[PDB]
Amino acid sequence: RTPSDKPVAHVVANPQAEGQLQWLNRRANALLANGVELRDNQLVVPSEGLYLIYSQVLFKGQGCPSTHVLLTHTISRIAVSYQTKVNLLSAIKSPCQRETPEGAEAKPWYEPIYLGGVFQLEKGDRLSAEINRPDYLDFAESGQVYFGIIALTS
Amino acid sequence: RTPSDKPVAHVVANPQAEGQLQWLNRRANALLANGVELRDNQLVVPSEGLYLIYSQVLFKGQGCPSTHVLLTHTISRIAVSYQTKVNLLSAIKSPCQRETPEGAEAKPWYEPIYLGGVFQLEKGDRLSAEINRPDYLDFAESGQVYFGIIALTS
Amino acid sequence: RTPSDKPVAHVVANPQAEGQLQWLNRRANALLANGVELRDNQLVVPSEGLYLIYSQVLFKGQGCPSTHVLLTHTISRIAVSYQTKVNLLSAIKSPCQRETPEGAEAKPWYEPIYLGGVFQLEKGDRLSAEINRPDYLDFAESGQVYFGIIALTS
Amino acid sequence: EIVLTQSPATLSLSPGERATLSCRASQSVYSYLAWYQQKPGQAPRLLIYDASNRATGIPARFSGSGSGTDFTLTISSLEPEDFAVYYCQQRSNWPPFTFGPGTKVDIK
Amino acid sequence: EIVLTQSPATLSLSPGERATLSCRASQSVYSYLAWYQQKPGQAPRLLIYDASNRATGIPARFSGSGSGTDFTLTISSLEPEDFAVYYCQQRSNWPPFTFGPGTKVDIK
Amino acid sequence: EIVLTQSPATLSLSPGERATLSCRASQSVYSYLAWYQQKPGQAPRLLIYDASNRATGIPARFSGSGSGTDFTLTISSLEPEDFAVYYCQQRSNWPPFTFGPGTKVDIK
Amino acid sequence: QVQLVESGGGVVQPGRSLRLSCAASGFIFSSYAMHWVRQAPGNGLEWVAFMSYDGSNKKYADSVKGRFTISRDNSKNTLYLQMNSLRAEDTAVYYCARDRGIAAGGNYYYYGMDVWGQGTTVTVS
Amino acid sequence: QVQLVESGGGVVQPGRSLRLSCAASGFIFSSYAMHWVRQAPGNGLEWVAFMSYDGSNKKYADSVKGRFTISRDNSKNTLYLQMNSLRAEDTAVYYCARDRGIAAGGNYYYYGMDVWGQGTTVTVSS
Amino acid sequence: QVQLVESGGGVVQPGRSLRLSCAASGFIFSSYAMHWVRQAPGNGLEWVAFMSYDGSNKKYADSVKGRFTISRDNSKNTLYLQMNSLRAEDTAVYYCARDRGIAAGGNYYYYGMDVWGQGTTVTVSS
């Protein structure tokens, strides 16, 4: 709260997590200050205003299986006393066209996804940064998977 | 819509558009406030200052044609006094490595492009977020194609 | 170079550079004002606060060589009187799955990498935006390679 | 949403003359337009694909050109076999795969 | 981190009866689980991969099912050769490629 | 922009001895450097590509090494065939595909 | 050898159903998209239906939406058209045709329909 | 025709070293990952080690970490297990097996070990 | 069987024009980049021109820029060098060579020129 009291959050993926996307804050150069909460793996917004929302995920694979592999990343918000969730940001990638044949090397591949934008948020919104294939997640290095918001006006 | 009046804009692609990139401010979580205008599919800047400019497009395809396919996304500026369009941000992607042979399935693929950066703009500058292949554009879902600016100084 | 005394920087790659990534500023739509310095190919921060850090690089190739090609982009920070550099943002891409066979055309390909996030920085920190394969860098056009920061608080 | 026009409706020429068939779309369809030939009593036959590309096995007298809203099919020298009905097809989604009204070509 | 349990330890049945073997994981492994058969004096033999897919050359009486933490291997009709030891293998990384305790299948 | 030097200009050795040829660049070219051999009365012949890789059909006594600005071609034991002129080529763009001045390896 | 062979048409009273078949041979049928295209007596061509190689994308003409159903069986290498509640305007000759299915955004399709069946006549009155 | 043939086992004393071999034939060995899996007398199966097609990824069980080293020779089409600092608990029959090496995130591996060798017996007496 | 065969050289007056040809055979010519490289009598090698597989990239040496024009015909499997304003310094034997065209950033090219023609002599009488 040494900054100018602006609500801010920058959480990273737990490296100790085993094939599952769990957001954490107690890290080097990861923050969570000025009212922003983290409940049920979601970011809780404290004030009405214009927020910058961003997130990056990194997927990794060795070869391609017989089933089609789609990688999605989506940031959504749930309003206060709200059943449905409206999607704010979303991106799709398709790293695997065909199955790796038998007798061919399972060559590695990498796929990042970045999302960012400015949205008006109300007090009590619950923001989520979700993926569809947690088993493909890659948090081998520090600054590869993250999820952050910061109020620009309030 | 905040105590410190500040130019802001976040427009999305028209889902009803037929193979064309048309920006709209008319749905849930799309805004256009505090002087920023939308004329001729362009964003008109109301005040001189430092602006955050960002945009995402999402392309989709089924198979690969015989011609090489380049996907470009570019944010450009037209000054109040200058001659033409100066590119601020630009990125290129090449989703098709080779043509889908006869007898092979036209498997789908997805390719997003994200652009963002901070630029000093004068009052009256026009901003355009363009693509080169509108026919490959994918606005099947809400938060996939968008174009926004927000003043950080004045 | 003083709009409103808010620390700001948006530098681009030198187009005349030969296989090297050198950040420059003297260009139209590139800024470096309000204390932010550029020394030894690094951005020097003047004030403690919350900064938006972003960078995009664009790689281009003709075909695929026999050796595996990994393209990385990383934004890292060096504190004052510190001796290690902590990576803030990082992304990896793998454009080349297999070597271009003999008798096949060396078709061109493009790979962008975008990094962005908000970080708390102190006075005197040195930020660097680095790549691992400068020989694949493509700054033929203007808005393709860039690196910028801007203070959001203080 | 997209309306296809074909001019002229009927073209009566002698063998050896140049045939010029026109296909217009109410809105731009880029180059996703094809030309098909249908002889009496047979299934359609692909002539041109993607505005200007000639299909496999098609004689060199047939040529396609144009883009957006205006397309033209030229037969540099009419042969007796070429007297048939010719349709243009826009291959967009609105509405999908619509055929034109067709142009019949007969003798004088 | 992950502990595999296999029930029962010993299964004594007659030819023709249905055998139901259970493999449980302390934490979810999605469907990254395999079943191997080892007859006395031979190397293991891959029976099931990815929970439900039958390996090449494996008779149709073997079937796998389950997800997350619970997995089951069913032999619909025992043959005199099916009397062996059956192991499940979780194919995650913590710890990597761990085999279960095994289930022993005998006659009578 | 880039100047290639090749040392020595003339190399006089006996058959069986070791030849060490030097190629230096005013600026770094990473490992994008090749070695070509030209015998009297023939077109040049690719020996080494990407600094250290030996081309197909080239005898194993030829080897390349070095990076950046310093490159070396070693012939461990000269055969009568090996008396020829050797050129290095930097394969960057400034200027493109420049050949070195050449080194003549002769007997006396 | 590469051919499409249709069957199933006929004379039907209005409101009943009829099922058209289109057996493919000579090519990898499981990789091609398929179209149904009909032609009324003395009229031009009218596109009816379309489906992709695995059936993920299906499209129908407005005049047949809600009454026709295109499907395929890749083990039998055959395309099917199910026609329910036949009107008088459905009287036509029906062709099936193959398509590479290469498209942009699922909206613009390259190439064209290169091989067709012999057609089957449906008369409703 | 598709086979793995192991060798190198025997009676060894604790603290010594032994190297096991697994010669492959009938398939493109350079494209498959390889596993070492052991079985103590009267016990079940225990996974020991793993390496990818070019050795980029290596994995070891905790009980053998720091003492065993898996390696491979793609020109000889052979897999090796180097056993240093042998213990009595290492007494087992050792099998090698091949794997497609297709994985997600380097953590979850599809398919399974489909072909195995005949095994080689390692006894650590004293 | 894999060969490049050049032709067209001879004695030409200064200031005139000459067209060199390089017919390819034995390989898929339409997939390779092509170079022209010349050698003055008693001198070393000098790179002249370059073009990619479809002509998208053309590169020239400064001494020939504005006077020479490299071109290609993939139906005839032939490479062409158009020489205008011939000077005494153009006197050389001209070789064509094939290249995989595998490059990084369009600036650094892997591999090398692996098959060459027999050369054709161009002499500028003066």
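Order of the sequence lines fixes the chain letters, A, B, ..., with proteins taken first and strands second; residue numbering starts at 1 for each chain. According to its header, this structure was worked out by X-ray crystallography, 2.7 Å. Just the heavy atoms: all of them, side chains too, but no hydrogens, waters or symmetry mates, feed the values below.
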> Name of the drug or drug candidate at chains F and I?
Replying inline: golimumab
> Under the nomenclature of UniProt, which macromolecule has the greatest contact count with golimumab (chains F and I)?
Replying inline: Tumor necrosis factor, soluble form
> Other chains with a heavy atom closer than 4.5 Å to golimumab (chains F and I): which ones?
Replying inline: C
> Against golimumab (chains F and I), which UniProt domain of chain C provides the most contacting residues?
Replying inline: THD
> At cut-off 4.5 Å, which chain of golimumab (chains F and I) has the greatest heavy-atom pair count with chain C?
Replying inline: chain I
> Where, taxonomically, does chain C originate according to the PDB?
Replying inline: Homo sapiens
> Which residues of chain C does the epitope of golimumab (chains F and I) include, given a heavy-atom cut-off of 4.5 Å?
Replying inline: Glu18(C), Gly19(C), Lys60(C), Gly61(C), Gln62(C), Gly63(C), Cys64(C), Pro65(C), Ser66(C), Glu99(C), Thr100(C), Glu102(C), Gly103(C), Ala104(C), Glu105(C), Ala106(C), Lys107(C), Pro108(C), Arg133(C), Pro134(C), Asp135(C), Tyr136(C), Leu137(C)
>> Just need the list: residues of golimumab (chains F and I) within 4.5 Å of chain C, heavy atom to heavy atom.
In response: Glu1(F), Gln27(F), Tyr30(F), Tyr32(F), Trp94(F), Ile28(I), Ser30(I), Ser31(I), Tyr32(I), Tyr53(I), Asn57(I), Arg100(I), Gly101(I), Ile102(I), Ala103(I), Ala104(I), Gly105(I), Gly106(I), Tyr108(I), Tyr110(I), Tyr111(I)
